[PDB]
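Have a look at the structure below before the remarks.
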Amino acid sequence: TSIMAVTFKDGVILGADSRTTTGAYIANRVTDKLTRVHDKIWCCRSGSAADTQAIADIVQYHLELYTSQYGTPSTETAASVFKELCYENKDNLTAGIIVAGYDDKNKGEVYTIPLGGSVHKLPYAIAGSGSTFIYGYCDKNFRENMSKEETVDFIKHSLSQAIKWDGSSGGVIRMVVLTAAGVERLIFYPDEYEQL
Amino acid sequence: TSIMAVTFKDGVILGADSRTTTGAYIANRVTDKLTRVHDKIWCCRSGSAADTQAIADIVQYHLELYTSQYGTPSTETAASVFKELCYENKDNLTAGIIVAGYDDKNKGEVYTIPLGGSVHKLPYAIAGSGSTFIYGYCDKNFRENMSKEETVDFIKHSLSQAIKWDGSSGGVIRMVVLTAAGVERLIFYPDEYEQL
Amino acid sequence: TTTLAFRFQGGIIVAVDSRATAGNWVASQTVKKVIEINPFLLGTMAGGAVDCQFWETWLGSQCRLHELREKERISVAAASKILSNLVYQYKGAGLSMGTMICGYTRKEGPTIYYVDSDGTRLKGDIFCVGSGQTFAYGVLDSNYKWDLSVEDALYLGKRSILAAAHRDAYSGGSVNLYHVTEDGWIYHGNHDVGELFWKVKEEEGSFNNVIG
Amino acid sequence: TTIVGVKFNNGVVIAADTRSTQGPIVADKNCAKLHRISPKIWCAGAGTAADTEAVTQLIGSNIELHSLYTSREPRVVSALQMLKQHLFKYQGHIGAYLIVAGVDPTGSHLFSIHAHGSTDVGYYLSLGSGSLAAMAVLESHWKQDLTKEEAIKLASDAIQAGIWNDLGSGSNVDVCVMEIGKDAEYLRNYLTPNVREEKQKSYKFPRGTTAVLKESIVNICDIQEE
Amino acid sequence: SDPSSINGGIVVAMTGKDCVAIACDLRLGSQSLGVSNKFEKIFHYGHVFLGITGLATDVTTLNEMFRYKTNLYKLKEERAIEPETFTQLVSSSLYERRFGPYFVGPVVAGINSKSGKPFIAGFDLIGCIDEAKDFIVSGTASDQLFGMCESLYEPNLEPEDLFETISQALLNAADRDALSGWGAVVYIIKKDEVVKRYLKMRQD
Amino acid sequence: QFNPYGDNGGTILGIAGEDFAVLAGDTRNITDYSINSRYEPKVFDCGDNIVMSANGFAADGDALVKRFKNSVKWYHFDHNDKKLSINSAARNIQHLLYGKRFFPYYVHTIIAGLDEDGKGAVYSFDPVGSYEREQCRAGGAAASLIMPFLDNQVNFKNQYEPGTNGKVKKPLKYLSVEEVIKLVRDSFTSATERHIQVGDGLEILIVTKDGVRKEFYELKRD
Amino acid sequence: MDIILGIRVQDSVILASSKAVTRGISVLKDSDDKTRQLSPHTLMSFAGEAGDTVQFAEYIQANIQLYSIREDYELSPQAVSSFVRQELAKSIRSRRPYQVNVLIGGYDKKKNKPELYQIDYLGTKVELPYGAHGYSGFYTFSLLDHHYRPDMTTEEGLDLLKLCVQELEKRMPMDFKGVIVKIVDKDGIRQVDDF
Amino acid sequence: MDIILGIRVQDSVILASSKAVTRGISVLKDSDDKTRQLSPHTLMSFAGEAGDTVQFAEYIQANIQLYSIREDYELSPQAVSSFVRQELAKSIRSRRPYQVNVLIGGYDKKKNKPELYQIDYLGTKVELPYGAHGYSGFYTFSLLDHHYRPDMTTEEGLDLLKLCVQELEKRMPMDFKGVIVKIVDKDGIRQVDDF
Amino acid sequence: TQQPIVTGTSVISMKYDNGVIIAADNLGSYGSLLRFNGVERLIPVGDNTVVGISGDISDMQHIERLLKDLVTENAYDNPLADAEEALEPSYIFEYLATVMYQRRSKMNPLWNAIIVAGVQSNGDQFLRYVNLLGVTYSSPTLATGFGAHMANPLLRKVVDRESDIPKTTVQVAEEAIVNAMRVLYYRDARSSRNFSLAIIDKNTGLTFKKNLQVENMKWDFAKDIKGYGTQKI
Ligand SMILES: *[B]([O])([O])[C]([C][C]([C])[C])[N]C(=O)[C]([C]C1=[C][C]=[C][C]=[C]1)[N]C(=O)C1=[C]N=[C][C]=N1
Ligand SMILES: *[B]([O])([O])[C]([C][C]([C])[C])[N]C(=O)[C]([C]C1=[C][C]=[C][C]=[C]1)[N]C(=O)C1=[C]N=[C][C]=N1
Ligand SMILES: *[B]([O])([O])[C]([C][C]([C])[C])[N]C(=O)[C]([C]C1=[C][C]=[C][C]=[C]1)[N]C(=O)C1=[C]N=[C][C]=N1
Ligand SMILES: *[B]([O])([O])[C]([C][C]([C])[C])[N]C(=O)[C]([C]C1=[C][C]=[C][C]=[C]1)[N]C(=O)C1=[C]N=[C][C]=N1
Ligand SMILES: [Cl-]
Ligand SMILES: [Cl-]
Ligand SMILES: [Mg+2]
Ligand SMILES: [Mg+2]
Ligand SMILES: [Mg+2]
Ligand SMILES: [Mg+2]
Ligand SMILES: [Mg+2]
Ligand SMILES: [Mg+2]
């Protein structure tokens with residue numbers, strides 16, 4: 001799995017591959033790992049598909065019930081709910097989740113939640129098996145306050161490499177853009193990103 | 001360990017960190033992993049220090065005896081001797097070696113020999129625990145027929161990142177330049193490469 | 001450990017050793033392996049030191065409560081069965097006990113019950129329990145009669161422990177003797193094996209193997 | 001065990017503590033961990049005691065025969081090569097962890113050796129259970145162009161760090177100095193900072209306190225004449 | 001299971017003024033079962049004394065081996081082996097079985113016939129030499145012996161005082177060990193006379 | 001796998017006199033081959049003229065001492081400020097230890113004080129609660145080194161009277177507080193020499209009818 | 001196999017050895033002689049793993065008989081016992097060790113003394129007044145400690161041996177089907193046919 | 001414990017049960033009665049793990065005696081055996097199962113027929129003419145297959161039972177110290193004191 | 001029972017004449033991967049206590065929340081929350097020490113080694129250690145993980161016993177701490193160059209220093225080191 005979330009000037013963008021594997025067999029080559037827990041709070045999922053789905057479903061339920069009582073939750077609040085589930089059930093879960101959201105007050109924010117259940121607020125985050133191969137590239141090429149087009153290119157090039165080297169990662173590169181303008185879905189096919 | 005060999009216009013350059021670890025304790029912070037098996041045939045060593053030393057010592061012996069009978073050996077020949085030892089003793093060895101040399105006829109050549117004992121001739125090669133983090137960076141930034149200065153910068157930046165992310169790698173960045181001009185040793189200290 | 005108890009004309013003889021070990025390390029040579037449950041009941045201790053101690057002094061509390069409630073001395077059968085039923089609840093948990101519950105009552109006469117951490121409860125005339133039980137059995141079985149004097153019975157029990165104290169590496173220290181009648185038990189002294197061995201060897205003419 | 005080696009201006013110094021342990025028990029309080037491979041090549045040993053002794057004697061023996069064969073004073077690299085190839089062959093089962101030092105016609109040298117047969121070069125080195133305490137001192141106080149007096153001080157201070165802070169190390173500090181163009185000086189018990197205080201009481205018994213069964217003269221002499 | 005504590009037993013050696021003392025218990029057992037109370041663990045080859053604890057079959061085998069070697073030594077050298085030399089021979093012999101060792105704890109004791117200097121030495125099961133000035137201990141109650149020796153011992157004891165110290169060290173150590181005891185022997189060794197004493201101790 | 005137990009080393013020693021009692025223990029605290037503290041008190045005054053030490057795994061040791069001190073407090077509340085006798089303290093500690101029979105306090109407990117007749121008393125416990133009144137007891141790492149020395153020098157074992165040759169034993173004469181402290185100091189000096197987990201300092205608590213007094217002595221720090 | 005006993009009296013050595021041969025579930029034989037005559041005045045009883053016991057005993061027997069023919073002379077019990085110990089001490093570090101424990105009862109015609117040696121499969125030799133292998137000793141040594149006197153006659157030795165066998169028959173779980181008793185003295189080796 | 005046998009003849013059921021109680025090394029008792037009377041015309045013998053055997057037997061005994069008092073009526077052997085089976089069938093899926101095998105010999109006063117039930121610790125019930133638990137059956141069933149004719153008298157049953165015990169005493173390795181024999185018929189339960 | 005995932009390495013500390021110093025690097029390792037480079041492992045509680053935590057970072061963050069909640073709870077119905085009834089280092093430690101031992105006793109430990117450094121009401125220095133097993137001890141110098149092996153030896157050369165504390169100034173103590181951090185960077189394969197340092201003085205209060213770096217490092221001698229024995233070039 002190759003997933004990443006990157007903050008930029010206008011907000012935040014989530015990116016992911018589309019490969020689900022049972023050993024070396026690709027069970028699903030068009031998976032959607034970018035999932036919605038609230039209107040402008042999404043998450044990237046890595047690890048167990050069952051665990052991350054079960055978690056994401058529960059979080060969406062919590063934020064829906066939060067919204068009905070206290071209005072729109074912050075991205076920090078969403079990350080906290082994810083953390084509470086991942087930390088308290090650490091013995092029985094295998095989930096690496098990146099939480100990304102857009103407030104008007106806080107703008108684009110990214111929280112990463114690795115296996116342990118710890119939370120880390122970052123400018124950008126990378127995760128999944130394929131992330132190991134792009135630490136060098138991402139560290140060297142990331143800048144703060146990038147444009148939308150620059151951030152899309154940064155994510156596209158990064159996940160392109162992660163896919164190239166990691167067998168567990170592949171298929172299409174899905175992306176979700178979170179700004180004041182709204183929610184935009186982007187897709188990029190092998191013929192496009194492989195020649196980069 | 002972070003090691004790499006890169007061919008360029010005038011020949012080939014070998015690069016390595018200087019960290020040797022026993023678990024999390026750094027047994028040696030100024031190790032020389034760039035070792036000489038012939039005048040202009042060197043190797044990078046990764047894995048077991050004892051195994052790679054024992055192998056390198058034997059190879060140097062074989063190439064010294066080869067030279068006395070048949071004159072200067074090719075880099076391919078050196079790689080073959082390494083392979084023969086690593087392949088035939090694969091059950092008892094833990095050695096990841098990159099062989100790099102300079103002929104006048106063949107110019108700069110690089111052969112990588114991973115755990116199995118297989119041989120792979122490449123334009124450039126990366127190996128060791130820290131190499132995982134710079135596959136993306138190296139693939140994106142490598143060009144053929146680079147200059148000496150460009151190749152030094154390529155290796156310096158690459159190993160800088162590998163060191164930054166890998167705990168097993170660190171200390172100084174050693175390099176050895178192999179050209180028609182001769183053999184040049186280069187060293188780069190933390191204060192220099194960390195700020196890159 | 002070597003502990004024995006046997007019925008005879010004059011009541012019951014109880015004899016025990018004094019050693020406690022942790023591996024090859026001798027932890028103590030002065031252990032009281034006989035519990036004075038009341039003026040009429042004795043319990044022997046073998047196996048786990050604490051398990052035997054804790055639960056046999058607990059047994060004394062249950063026996064006291066019985067005679068407070070029933071205005072009558074508890075039987076040896078009832079007392080032994082309280083302990084065996086207790087350890088049976090703990091079966092599998094890892095308790096380690098080999099015990100004789102010895103007493104005299106009017107209705108029963110002199111009675112001995114072997115109680116065990118596996119739940120075994122056996123009534124009998126002679127019992128030897130512990131790592132050195134086999135050594136004690138040899139002397140006992142070849143010299144036992146119903147018609148023994150209190151004096152001769154006491155010596156046989158003392159001698160049988162000595163036999164085991166010598167051969168069994170995990171037995172020794174000293175010998176504690178008790179004699180149980182219908183007016184209660186009667187203590188018959190602590191006998192150091194370091195002095196008893198040379199005394200018995202000389203007087204009895206035994207242990208000709210050893211040089212003294 | 002704490003063993004160290006320190007290079008200086010005109011040579012090299014090695015040092016060691018004197019504690020040997022079997023589990024949590026001290027087997028020997030004044031153990032000799034500095035071994036002589038040749039007159040001017042000495043090494044300190046950590047790990048399994050019989051192995052550090054045996055592997056040193058064997059290589060030291062062969063080094064002597066080699067020196068006689070070649071009519072040359074032995075070199076540290078020769079001892080190093082012979083030790084590493086021997087240890088490698090036995091795949092770490094010979095538990096000898098060595099700091100090899102010495103002076104020869106090539107110059108002064110300092111190396112470390114591990115049980116699996118890997119070697120390392122350095123200006124300052126430390127091995128054993130107290131190597132972390134020692135290396136902390138060496139990393140704090142070492143510099144280039146040390147004098148002989150400064151190197152001995154640094155080496156013994158590094159051993160002391162092991163003695164006091166590592167339970168696997170204790171008692172005394174042994175030192176051996178190997179300077180170029182000079183005899184190697186072996187300083188047995190260079191420091192003695194762990195003398196036992198006087199006991200409160202004398203436990204000398206009154207004669208006849210122990211009970212005896214038999215007495216006899218033992219014949220240690222040979223069969224006699226006449 | 002552990003070979004060094006199947007049979008059980010102990011040896012202790014001490015130095016005094018112009019003398020050495022070596023002592024051992026007499027027990028041989030099969031774990032809990034006491035089998036023999038006459039199993040002596042101290043042997044001598046000329047004026048050099050060797051005590052051996054550990055697995056009894058190896059104790060016997062090594063005694064027979066060192067008798068073999070010291071007898072050939074004497075025929076060729078035309079003199080009795082000395083304690084310092086014998087110590088090196090024991091070390092050599094044990095280490096040659098590095099990866100298939102004799103499960104023993106040898107203890108050498110004696111006086112050099114030429115210099116007159118008292119000598120004691122200990123070994124692990126594989127040959128490492130412990131050449132102590134004061135005392136050497138070995139066996140299943142080695143910890144106990146270390147404690148006794150470390151408190152009771154003082155240097156330059158006269159032969160008849162040294163006898164009392166080593167005897168009390170052995171006896172009280174053995175009494176805290178299940179696999180040691182069943183009698184004891186003490187050798188008092190001077191340059192040209194040796195006295196052997198059997199001690200009266202508790203037989204449990 | 002998580003291992004809930006550890007070994008903090010150390011060694012303790014209790015000796016009962018004729019009208020006094022001492023409970024000594026080294027002040028070194030360790031894990032593996034590292035020293036945690038050169039002065040970490042191990043022997044504690046628990047009130048009612050009782051001193052206690054639970055040697056072994058320090059976390060279980062501190063927990064037990066803490067719970068016993070607590071038991072003394074509640075004994076006063078529940079029984080009209082009655083003094084907890086040393087024998088009653090000992091039995092109470094047996095139940096504390098056995099309460100965790102199947103997940104034991106991994107410690108070697110010793111308490112010292114005076115019995116109800118004013119004589120010196122030392123009680124010794126195993127980890128699971130079996131106990132016994134003794135005249136002499138060493139506990140912990142170097143217990144195997146010290147106990148044989150105490151059998152010889154406190155109870156005069158294997159000692160006989162000169163001239164009689166094994167016939168007459170050495171009489172069991174009583175030891176003064178000055179004589180006991182000498183034996184304690186020599187025990188720990190000897191234990192320090194041959195045991196790596198013993199050293200740094202020795203702290204002795206002396207119990208008499210007048211109260212609890214402390215004495216501290218330096219030990220070798222290697 | 002199971003129970004083998006030995007007792008050295010004034011002028012003879014007496015060896016008692018069980019008759020049962022049990023293979024797991026069933027008792028296949030109740031008249032097995034677990035002994036071999038090594039020489040006219042030396043008898044060896046044995047017990048251990050199946051096959052190994054007889055194979056070892058007969059191998060030792062052959063070697064001693066070979067020695068006897070070569071030198072026209074009977075080895076002392078001490079000498080034979082030392083030879084046997086060495087074979088077992090050699091055996092214990094073999095690829096597949098002999099799993100055999102033995103008792104060697106002999107009469108030394110030179111010293112006019114009976115001698116009993118106990119040797120286990122490790123090569124652990126001891127000379128004793130009375131000995132046993134396996135669980136036998138656990139019951140019998142206490143009786144022998146009490147009753148044995150070294151000036152005993154052969155008839156007194158047999159009575160003391162009956163007391164040992166009776167105790168074993170009372171307290172041991174396994175039915176060893178009685179014992180075959182053999183006496184070794186100055187006149188050689190003979191079997192007590194009624195026991 | 002070890003050997004328990006049962007044989008149903010014309011007009012009675014005969015249960016034989018060993019007297020030995022062994023703990024590892026020693027035979028602690030040689031007169032143990034491994035049976036309980038559940039009702040005047042129903043006897044249960046038992047063998048299995050120590051403690052569990054008696055605890056189970058006495059628990060069953062108490063329950064049947066309780067039933068007898070409540071209804072002033074004796075349950076049929078078939079009914080008792082079914083109750084026992086259910087307890088064991090319940091037990092086998094417990095936290096700690098009863099490790100007990102039983103034989104239930106009873107005389108049904110309504111049908112005037114002897115009945116023998118064999119039940120193992122799993123709760124496996126079978127009605128048989130003759131039965132056994134443990135290794136006993138391996139030796140005895142062949143003899144019973146040959147000699148049992150179903151119309152035998154009680155005296156013929158005892159003779160056939162002696163032939164079983166003799167075979168066990170010959171071929172079994174363990175000394176079970178003989179058996180206590182008990183007969184269950186129309187007149188109730190009695191013990192054969194000489195066997 | 002668990003295994004630690006994201007981990008923090010050594011926490012080192014010592015007493016000096018007027019207070020205590022504590023330090024810890026800013027790294028959150030993920031096995032051999034040096035994953036997170038901006039993790040604060042010194043967490044102040046009031047203006048008189050600093051809790052330094054090593055080991056599992058998720059469990060550290062849990063402990064951080066407990067301490068934050070402890071301050072909140074102490075303020076409830078407490079007019080002297082910022083005065084006489086303020087939280088003491090000894091109160092904060094004993095609380096943690098209770099939790100650590102309880103959690104190990106339920107076989108579900110907080111996988112940490114903790115050092116509570118602070119100054120009490122009466123001006124006394126407080127410095128005590130606790131870990132996943134509930135083991136506690138105090139000393140003039142305290143360190144966790146690799147610090148125990150490498151820092152303590154260096155810090156004990158400054159304060160070897162109790163009587164050395166009044167003789168040690170804050171400048172000498174800080175110098176020793178900063179040197180120890182450098183040594184750990186040389187030798188600990190799971191350490192970082194960036195660290196935080198906290199000083200709790202009885203006069204000048206709590207000084208919390210962020211974004212410190214290991215400097216004055218010796219690496220030049222590496223150029224002379226060639227091969228592993230016989231190699232000259
Ligand atoms: B990715 O590779 O981590 C991916 C992300 C997931 C949210 C779709 N996970 C998987 O494909 C996992 C296996 C796995 C791979 C790498 C690391 C950890 C786990 N697959 C599944 O969970 C799976 C596979 N087949 C069917 C159902 N679920
Ligand atoms: B590098 O990390 O692979 C390095 C290269 C080596 C040639 C110096 N290897 C080591 O440091 C190895 C351990 C190791 C780390 C990572 C992967 C594989 C192996 N160390 C040793 O071989 C070693 C350590 N301490 C003493 C001696 N040898
Ligand atoms: B006895 O040997 O069984 C003895 C009886 C007990 C009441 C003191 N038990 C022990 O010595 C046991 C060990 C043991 C040895 C042999 C068989 C069974 C058990 N020792 C302890 O329980 C113990 C208690 N505290 C300290 C040391 N040892
Ligand atoms: B040191 O701690 O490395 C020290 C140096 C040695 C060369 C004198 N090592 C020892 O003392 C070793 C420790 C050790 C214990 C157990 C297995 C392997 C190593 N001790 C011995 O080799 C030893 C132990 N008992 C007797 C003799 N020697
Ligand atoms: Cl999915
Ligand atoms: Cl290397
Ligand atoms: Mg290898
Ligand atoms: Mg690094
Ligand atoms: Mg004994
Ligand atoms: Mg003993
Ligand atoms: Mg010490
Ligand atoms: Mg034997």
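Below, chain A is the first sequence line, B the second, and so on; all start at residue 1. Ligands are counted one by one from 1 in listed order, and the atoms in each one are counted from 1 as well. The figures here come from the full heavy-atom set of this structure, side chains too, leaving out hydrogens, waters and symmetry mates. Shown: partial entry. Contacts: counted within the shown part. Method of determination (from the header): X-ray crystallography, 2.9 Å.
- Counting heavy-atom pairs under 4.5 Å, the chain with the largest count for ligand 4 is, by its name in UniProt, Proteasome subunit beta type-2.
- The drug observed at ligand 4 carries the PDB name bortezomib (bound form).
- Other chains within a heavy-atom distance below 4.0 Å of bortezomib (bound form, ligand 4) are, by letter, D, E.
- Residues in other chains coming within 4.0 Å of bortezomib (bound form, ligand 4) by heavy atoms are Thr1(D), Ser20(D), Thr21(D), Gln22(D), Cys31(D), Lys33(D), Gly45(D), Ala46(D), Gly47(D), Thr48(D), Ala49(D), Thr52(D), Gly168(D), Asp124(E), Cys128(E).
- Within the deposited model, the covalent partner of bortezomib (bound form, ligand 4) is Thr1(D) OG1.
- As listed in the entry, the molecule name for chain E is Proteasome subunit beta type-3.
- The closest approach between bortezomib (bound form, ligand 4) and any UniProt active-site residue of chain D, by heavy atoms to 1 Å, is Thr1(D), 1 Å.
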